[PDB]
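Chains are lettered A, B, ... in the order of the sequence lines. Using the PDB entry numbers, chain A covers 59-76, 117-751, in order. By the PDB entry numbering, chain B shows 59-76, 117-751, in order. The header says electron microscopy, 3.7 Å. Whatever order the structure lists them in is the order used to number ligands and atoms, beginning at 1. Values reported hereafter were calculated over all heavy atoms of this structure, with side chains retained and with hydrogens, waters and symmetry mates removed. The structure shown is a partial extract from the entry, and contact counts are restricted to the extract.
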2 protein chains.
Amino acid sequence: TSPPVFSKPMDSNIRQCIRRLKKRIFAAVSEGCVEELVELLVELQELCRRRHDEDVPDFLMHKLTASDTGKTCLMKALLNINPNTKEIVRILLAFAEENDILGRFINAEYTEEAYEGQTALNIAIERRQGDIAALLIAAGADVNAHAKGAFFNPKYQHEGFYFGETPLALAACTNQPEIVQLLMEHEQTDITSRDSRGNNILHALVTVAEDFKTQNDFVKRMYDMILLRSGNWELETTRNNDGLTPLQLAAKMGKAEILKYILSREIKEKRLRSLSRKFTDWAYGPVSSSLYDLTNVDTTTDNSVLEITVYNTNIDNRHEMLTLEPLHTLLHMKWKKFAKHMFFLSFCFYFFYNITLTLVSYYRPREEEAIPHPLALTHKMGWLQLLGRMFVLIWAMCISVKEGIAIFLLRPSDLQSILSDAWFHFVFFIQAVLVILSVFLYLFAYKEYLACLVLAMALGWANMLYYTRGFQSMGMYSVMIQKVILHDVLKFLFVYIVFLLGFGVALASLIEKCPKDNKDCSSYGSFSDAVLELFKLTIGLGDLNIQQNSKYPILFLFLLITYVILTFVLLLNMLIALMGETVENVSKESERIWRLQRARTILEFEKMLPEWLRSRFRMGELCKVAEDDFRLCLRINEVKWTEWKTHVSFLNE
Amino acid sequence: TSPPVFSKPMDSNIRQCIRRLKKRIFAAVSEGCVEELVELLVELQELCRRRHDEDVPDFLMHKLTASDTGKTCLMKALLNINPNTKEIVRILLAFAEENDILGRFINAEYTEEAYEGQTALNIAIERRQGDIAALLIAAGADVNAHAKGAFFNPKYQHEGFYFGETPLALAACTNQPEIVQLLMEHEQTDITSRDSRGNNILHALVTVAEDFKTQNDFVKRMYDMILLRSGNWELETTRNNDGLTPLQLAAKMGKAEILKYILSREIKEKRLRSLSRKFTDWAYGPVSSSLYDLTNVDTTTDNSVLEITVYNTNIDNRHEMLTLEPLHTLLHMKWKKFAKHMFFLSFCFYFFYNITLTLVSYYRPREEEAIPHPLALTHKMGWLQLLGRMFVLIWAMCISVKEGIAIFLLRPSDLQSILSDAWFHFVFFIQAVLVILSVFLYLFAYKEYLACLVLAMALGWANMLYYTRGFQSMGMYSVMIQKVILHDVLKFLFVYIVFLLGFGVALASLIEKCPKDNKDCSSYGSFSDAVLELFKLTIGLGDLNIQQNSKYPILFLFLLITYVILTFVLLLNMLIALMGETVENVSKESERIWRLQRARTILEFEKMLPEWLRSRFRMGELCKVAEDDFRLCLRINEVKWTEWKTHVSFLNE
Ligand SMILES: CCCCCCCC/C=C/CCCCCCCC(=O)O[C@@H](COC(=O)CCCCCCCCCCCCCCC)COP(=O)([O-])OCC[N+](C)(C)C
Ligand SMILES: CCCCCCCC/C=C/CCCCCCCC(=O)O[C@@H](COC(=O)CCCCCCCCCCCCCCC)COP(=O)([O-])OCC[N+](C)(C)C
Ligand SMILES: CCCCCCCC/C=C/CCCCCCCC(=O)O[C@@H](COC(=O)CCCCCCCCCCCCCCC)COP(=O)([O-])OCC[N+](C)(C)C
Ligand SMILES: CCCCCCCC/C=C/CCCCCCCC(=O)O[C@@H](COC(=O)CCCCCCCCCCCCCCC)COP(=O)([O-])OCC[N+](C)(C)C
Ligand SMILES: CCCCCCCC/C=C\CCCCCCCC(=O)O[C@@H](COC(=O)CCCCCCCCCCCCCCC)COP(=O)([O-])OCC[N+](C)(C)C
Ligand SMILES: CCCCCCCC/C=C\CCCCCCCC(=O)O[C@@H](COC(=O)CCCCCCCCCCCCCCC)COP(=O)([O-])OCC[N+](C)(C)C
Ligand SMILES: CCCCCCCC/C=C\CCCCCCCC(=O)O[C@@H](COC(=O)CCCCCCCCCCCCCCC)COP(=O)([O-])OCC[N+](C)(C)C
Ligand SMILES: CCCCCCCC/C=C\CCCCCCCC(=O)O[C@@H](COC(=O)CCCCCCCCCCCCCCC)COP(=O)([O-])OCC[N+](C)(C)C
Ligand SMILES: CCCCCCCC/C=C\CCCCCCCC(=O)O[C@@H](COC(=O)CCCCCCCCCCCCCCC)COP(=O)([O-])OCC[N+](C)(C)C
Ligand SMILES: CCCCCCCC/C=C\CCCCCCCC(=O)O[C@@H](COC(=O)CCCCCCCCCCCCCCC)COP(=O)([O-])OCC[N+](C)(C)C
Ligand SMILES: CCCc1cc(O)c2c(c1)OC(C)(C)[C@@H]1CCC(C)=C[C@@H]21
Ligand SMILES: CCCc1cc(O)c2c(c1)OC(C)(C)[C@@H]1CCC(C)=C[C@@H]21
Ligand code: NA
């Protein structure tokens, strides 16, 4: 989108159009001027020794610090890498040593609010200068820095560089394993240290990964190395300010590959046997067992990876994120255990509810038809009453409440994206409200119950099409009728409704008054009649040259002909082309959308259950893995024939 | 297209079917006849020494020059390269030295008007003969040649070989860097020298480049080498006879890659720091700043690169030419600064104008309907008058003038290509003229104002569809409704209008006169009625066997059936197939056309502004780059995540 905008830049080589010794020093450090550096430092020290001792450190720092932002000559030298930067770095460090300012000088930080908190080690590590990083780390550097500020903590991507506000995080995110090892070995580096939002190095690595495989073993390898060399089950347990762990964060942001690696991370090497989650039990060829860990990947605690992966619509990579067992096996087990039967019961109850509405609407023509009303509570009807009158009115509320909650909990910015069941949550609620209001209307006198009851019946019969997601083959349609009617038949109206309006008045103006023939006498009378006739022309009912027309018959005929040739073709057969394109696009992608909707329904029904039954319908055992650990489990026996065949073919040939 | 045609050819090995010593010499130089060369030259010199001195040079030149075209034996020898051309070249040069004709002989030029002005050095350089080129350059050659004539200066491509009419230009355009260096080092070669149209070597290189990347670093590398070794900011400032610089010429002709290279040419090496246009300020990973130069790339002077890139329709590579910052950033800044609000104001004013027209046309049925007229100037109506009567009539003129200018400035051969906003410039003007003429008609008496007013209202309501280019999603339709109606529903009529005419008279001929039944009595009466009934059959109203038919009922029924099966299908459902193909073709290419039209609108509105506001809405600062230069600037902070990630992955692995 639009380029981001920042305050004063870090290093401005090209001076804009908007004290001597400091500028001399900055220019000298910018390029290779070793002799100039020596002379400038000599004269600077001679000037410095002109006053009392206590002001020597402050004066030296002020002379070597740019008051505009707080930049130090060392940072300028590091930023402008030249084939002889090492010598100037050595000279500056020695000069700092002379006056005993090897401290603050090294650990200098910006002052401008944009790049606040930066330090020399960050710049040294960024520019690949590993040797300078080692020198600074040894001498006096402070690894536990925090590069806060807008530039290092943008509101979103494409507006800054977020890496973790820590030298170790920057080294890991810029693919510098050697610097990572050097920093980790140093005792001062505390690996677990949340910086700004709440993020240990693992979260920083997760939030800069790629959404798929291109060639990058970089992020995955760095994450694995950090987790291993850490040697503790602690990094993957911390939480950020929003309360997420690296696994949950990877699931939420949509980074599929880190999630895949971390769900099934196996450590064959002995003596760890605890940071893994895929304890393999036995394997005899194609058949392979496993003991995947469900400690935080089952909808129990509050925010299991499954719920975050299913109930989020920001990303569109979810189709590959639900075949990353134990997610797939969990969904299958729930579906075959407690979610299909509830789905069928809901279908049957809704169908009988609609049939009851219709049979108390038409079969009996709502009554004897004298001065009647529907169900209400009138007794003395027996069998048809206690079922017909009650079951509807009760069950209607049972919907109005449930969906009423859903719309209340609907998050607009995310859930309004269609294909997230909102288009049905609205219609169910509208139908229930219509039935309730239909009853309440006549309940006083209000003889208008009909319109509302008929609207409710029509909406209910139309919405009963929602339940076609239970069958795989006839499940795509329920998506098309949405995707089309909000992608090709809604943006199309804003075009059509122009022409129909345009010619709607035009034709209505050429007409001439003929009250003489006892009535209208002409097909195109008022605006409404002209619009209706144009619509019937668009669908096709008939036309003819209308008499009683003034200022021309030819103009009227020409206008009608051009409307017909401009709407019945070249518009309708263009909307149809767009509709065909949309159907083709959303017909190949049938498995993904259907499976996603089935998962959403399964999770919704699982939530609907009470705590008792849900506790009964748990999955897993109490695996004892390594000498202290009791973690949940899910024994899933996988079988892979093609993979085993290709492996054995390419192995022993 | 058709092959080009030239006059007498350069070298005619195969004599056509349409003095001795000259032919002997030409034949000897054609192939390897060293001994023949020696003998012929000896006898030629013996003959030459038969007369006085003053005629010796002229006689020698005449004997060694072909009067038909002016070709010299040296040029013939160079054209027919043989494994022993060096020896004959040496012999001819020595012989020229003997008689002191090492001048004119070397600098010989054609006489035929087609290949006029050519010289030996051109032929030597073309044939890869670098050594011969060096020899000629050393001895007496004239580098500052001009190879004029039709063959070297064709009216367009595929009719000649245009390279710059200069040995240096030919060497650079035939990928001969060594010869280029040899010529540049020679002091006589003046690099800046416009030849025929006005072209320094840079323009010649720009006008022979490729429109995209295939493998050719050739043209770009040669351009870079010439510009660098020139070492001055002068070549990119000259102008041709049409007043364009290499940057502008590259933009106009459509060569995208040279434009891309020259907009963002960065010279890292110090001591130049002035031929660049991308002074990079700082970079800390993905985030990168820049100081792109807008000295001649902003719509200020008269013909900035932006205007030439947007307001030209000859090429169709523009879609990649508007993502070559600072063009894209300039467009974004203008759009978010002063072009969106004007667009919305125009939309609102046009919408209210159309609604006023409609409400003074229908809502009031144009009046009490006794003997009325629309707005005119009749007073004593108050609120509805001062707005209804004035705003339209005034605003109409405000359109008729503006569009009236546009059509006047419309260049036919280029702008008539549709998708260049002509299809709307015509309709707006027609609508305004119709409103004005509608008023002026009745203004005397002329009770025909209706037809014109209704036409104006219909056209205005239809054209209000123009404003759908402001929204990205609903912006394609404004292009579909043009492409389809000028590419599939216009070439289709010339077919349909045959059948409807063909059967139009045929069916009208089998009818028989029945004035006996008080009136027509038969559906297919005159030609007009038959045509109308056939059209209604095509769209669908109804049909039946018409009585009162002579010479057969069977023939009439067969003709109608074959028309229905030949038009209602196999023609309409073929136009629909073509329409679907066009919609599919122009639906994928939605971003490009919409962005191009948005850019055109932005530039048009920018032009519309007065000098004051435009001066207020400038962009850039007064960058001071290298020691003398004050040039405009545009600080654009770019961010590239994927590029940085792939670079770092492939760099330190
Ligand atoms: C008698 C007359 C009155 C009758 C009244 C009865 C009703 C008559 C009804 C009439 C409407 C009929 C047409 C419906 C469709 C039109 C488009 C639309 O609705 O949304 C569009 C605008 O996108 C949005 O997100 C809109 C959100 C609106 C609601 C926001 C609620 C926020 C507060 C919280 C809620 C508070 C509680 C609210 C409930 C109390 C959707 O388009 P999109 O976003 O581009 O979709 C993405 C599609 N894609 C993913 C394929 C790309
Ligand atoms: C959501 C998508 C679908 C939309 C709906 C579907 C498409 C469109 C709708 C279709 C339904 C059928 C037609 C409409 C209903 C009839 C009444 C009506 O509306 O118009 C009435 C008046 O209005 C006009 O005459 C309109 C004049 C031209 C359009 C003006 C638009 C701006 C309105 C003004 C803005 C001012 C702003 C001022 C600013 C300074 C018609 O008068 P009538 O002839 O007496 O009525 C018929 C009576 N009869 C039949 C008994 C004889
Ligand atoms: C009551 C009866 C009378 C009514 C009268 C009222 C009007 C009635 C109207 C009737 C016409 C209705 C049909 C319109 C479309 C037909 C085709 C067409 O017009 O151009 C076609 C011919 O291509 C051209 O370029 C034609 C240019 C013509 C104008 C030249 C003006 C030159 C002088 C300067 C101007 C001087 C001032 C002029 C103004 C004063 C366009 O086809 P194309 O070129 O192949 O298009 C490329 C498409 N592509 C890029 C997708 C491939
Ligand atoms: C731009 C694209 C769209 C084009 C328009 C749409 C498609 C075509 C048009 C449709 C509109 C409706 C029909 C036309 C209008 C009616 C009048 C008419 O034109 O014909 C009249 C005469 O002409 C004929 O009878 C024509 C004979 C056959 C075609 C001859 C073509 C050459 C013309 C000659 C060249 C000579 C060259 C000589 C060289 C040596 C018909 O006579 P009529 O029956 O008395 O009229 C009806 C009267 N009534 C209804 C009151 C009874
Ligand atoms: C006869 C008809 C009468 C009514 C006419 C009503 C007309 C007025 C309606 C609305 C006023 C809107 C004003 C704000 C938007 C300005 C344009 C804009 O921002 O476009 C954006 C694209 O936009 C999209 O990509 C959106 C895609 C969906 C468009 C749906 C249009 C539906 C029309 C009905 C909607 C209303 C529904 C309710 C109607 C009652 C791009 O612009 P940007 O983001 O600013 O660009 C900066 C960033 N960028 C350069 C990187 C892109
Ligand atoms: C023998 C093998 C057994 C295997 C395991 C069996 C399953 C597990 C055990 C039991 C099933 C689940 C028990 C808890 C029910 C909680 C309420 C509930 O689910 O409400 C829901 C369903 O509506 C009902 O369930 C109606 C209430 C009674 C359900 C139990 C019937 C008796 C058990 C009969 C058991 C045998 C059944 C035999 C025939 C299949 C409400 O949904 P809704 O109102 O439609 O939602 C409206 C909004 N929406 C449409 C957008 C979603
Ligand atoms: C207004 C209307 C009134 C009537 C409404 C009647 C409605 C009731 C009709 C039938 C009840 C069926 C109950 C059992 C099936 C449950 C779902 C199921 O199993 O789906 C399976 C997919 O299914 C397919 O892939 C089938 C594809 C063809 C579907 C055709 C539907 C025709 C509808 C008419 C049919 C009846 C014809 C006769 C009608 C008189 C998948 O489920 P699974 O296999 O259990 O999943 C485990 C394995 N898996 C996860 C790996 C996949
Ligand atoms: C093939 C597809 C092409 C593309 C689509 C094209 C779509 C075109 C859309 C719309 C145009 C179609 C015609 C609409 C008007 C016809 C009725 C009329 O004119 O008058 C009638 C209504 O008169 C009124 O004043 C009430 C109008 C209420 C709105 C009715 C349309 C709502 C459509 C909402 C659609 C939402 C759909 C959402 C889901 C998609 C009655 O007036 P009358 O006739 O004089 O009768 C006398 C009775 N009276 C005295 C009581 C007045
Ligand atoms: C607070 C933040 C401000 C940000 C910057 C604001 C913008 C910059 C500042 C100012 C806007 C530009 C000023 C110069 C206008 C020159 C004339 C001109 O543009 O004519 C054009 C528009 O028509 C008009 O502009 C009508 C004349 C009055 C415009 C100014 C209104 C008062 C300022 C209100 C300011 C607040 C507005 C608030 C609501 C948006 C004529 O176009 P047309 O006739 O349609 O063209 C016909 C042909 N065509 C259709 C093929 C093209
Ligand atoms: C589905 C699509 C298929 C493909 C397309 C197929 C297209 C086919 C095209 C055309 C053929 C369609 C039929 C046209 C004629 C019908 C009227 C007639 O015959 O007579 C009438 C006109 O009589 C005249 O003499 C005036 C004719 C003026 C031209 C009218 C058509 C202009 C179409 C321009 C279209 C431009 C479109 C540009 C944008 C696209 C009246 O005669 P009558 O009936 O005897 O009534 C008695 C009245 N009278 C006494 C006053 C005479
Ligand atoms: C089948 C796909 C889901 C669905 C269900 C509906 O109830 C309706 C649907 C779509 O489309 C709209 C909103 C245009 C209908 C309006 C009126 C009625 C009678 C029903 C509405
Ligand atoms: C919507 C695309 C732009 C557009 C605008 C128009 O005004 C018209 C358009 C197209 O098509 C033609 C020229 C066939 C129409 C003729 C008659 C009328 C009433 C309008 C004409
Ligand atoms: Na098709």
Next item on the list: Write down the drug found at ligand 12.
Entry: tetrahydrocannabivarin
Next item on the list: Give the letters of all other chains that come under 4.0 Å from tetrahydrocannabivarin (ligand 12) at a heavy atom.
Entry: A, B
Note to self: Hey, quick one: what organism does the entry say chain B comes from?
What the structure shows: Homo sapiens
Next item on the list: Look up the covalent bond partner of tetrahydrocannabivarin (ligand 12) and give residue and atom, or none.
Entry: none
Notebook entry, point to check: Taking UniProt's transmembrane annotation of chain B and counting from the N terminus, which segments bring a heavy atom under 4.0 Å from tetrahydrocannabivarin (ligand 12)?
Noted result: 3, 4, 5
